[PDB]
J.: 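This structure shows veliparib in complex with Protein mono-ADP-ribosyltransferase PARP10.
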Amino acid sequence: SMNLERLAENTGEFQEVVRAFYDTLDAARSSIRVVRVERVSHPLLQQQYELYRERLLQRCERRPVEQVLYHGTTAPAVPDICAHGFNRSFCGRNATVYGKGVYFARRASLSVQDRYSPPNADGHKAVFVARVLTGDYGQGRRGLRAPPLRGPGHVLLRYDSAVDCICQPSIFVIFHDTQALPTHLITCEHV
Ligand SMILES: C[C@]1(c2nc3cccc(C(N)=O)c3[nH]2)CCCN1
């Protein structure tokens, strides 16, 4: 099993991944076309992620502890994410407004913007689909190196993730190597 393989279009899995992507494209639904879908395989990261998930299901209060989220990226960054997973140390110096972590969107309409998934010379855009252990979340801010502090009224000292808004979150920020698993890569383009 190779790290990146084309997903056959005669499968229920292909139809389900494409339907969830279109369901959260909002105003961009009629201007985006799917070119192909690929399955990501990283056996060591998947096994380490599943152990973290089991621990969170036993400890965490909020349900669900896991969410399916989107991550737009550049064409040259694709092989490194497939081979090693997501890495907060490569966040860069620009626009880390909710901390030095890896950023995920609840809605495909955010990650499909050219500022997050810029097209290559052939017009193709890269958007990963990932299983993310969001658990209990707190407010994100610039300079965070780990999730924010819980404060008084809690035994645990830090949250599991950071967000843009604590009431209706649209962006989640992750600060641990085994807390997000890339499962699919959607290649898309402007109609
Ligand atoms: C600009 C930055 C980023 N912010 C995002 C907010 C929502 C979605 C994504 C995404 N990639 O789909 C974001 N990426 C932060 C540090 C380097 N990437």
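Numbering starts at 1 and runs along the sequence shown. In what follows, every heavy atom counts, from backbone to side chain, and hydrogens, waters and symmetry copies are set aside. We count ligands from 1, going down the list as the structure has it; atoms in each ligand are counted the same way.
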J.: Using distance alone, determine whether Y103 and veliparib share an N or O pair under 3.5 Å.
T.: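 No; the residue has no nitrogen or oxygen that sits under 3.5 Å from a nitrogen or oxygen of the ligand.
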J.: Closer than 4.0 Å to some heavy atom of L110 - which atoms of veliparib meet that?
T.: 7 (C)
J.: Could you tell me which UniProt domain of chain A does most of the contacting with veliparib?
T.: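 Most sit in the UniProt domain PARP catalytic.
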J.: Please state which protein non-hydrogen atom is closest to atom 10 (C) of veliparib and give its distance, to 0.1 Å?
T.: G72 N, 3.6 Å
J.: Look at atom 3 (C) of veliparib and say which protein heavy atom is nearest, naming residue and atom and giving the distance to 0.1 Å.
T.: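 Looking at atom 3 (C) of veliparib, the protein heavy atom closest to it is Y116 CE2, 3.7 Å.
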J.: Yes or no, since that's all I need: does a protein heavy atom fall within a distance strictly under 4.0 Å of atom 18 (N) of veliparib?
T.: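 Within 4.0 Å of atom 18 (N) of veliparib, no protein heavy atoms are found.
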J.: Just heavy atoms, cut-off under 4.0 Å: does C91 contact veliparib by side chain, backbone, both, or neither?
T.: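 Only the backbone of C91 comes within reach of veliparib.
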J.: Quick check on contacts: which atoms of veliparib are under 4.0 angstrom from a heavy atom of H71?
T.: 11 (N), 12 (O)
J.: If you draw a 4.0 Å sphere around every atom of veliparib, which residues of other chains have a heavy atom inside it?
T.: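 At that heavy-atom cut-off, the residues are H71, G72, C91, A95, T96, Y103, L110, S111, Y116.
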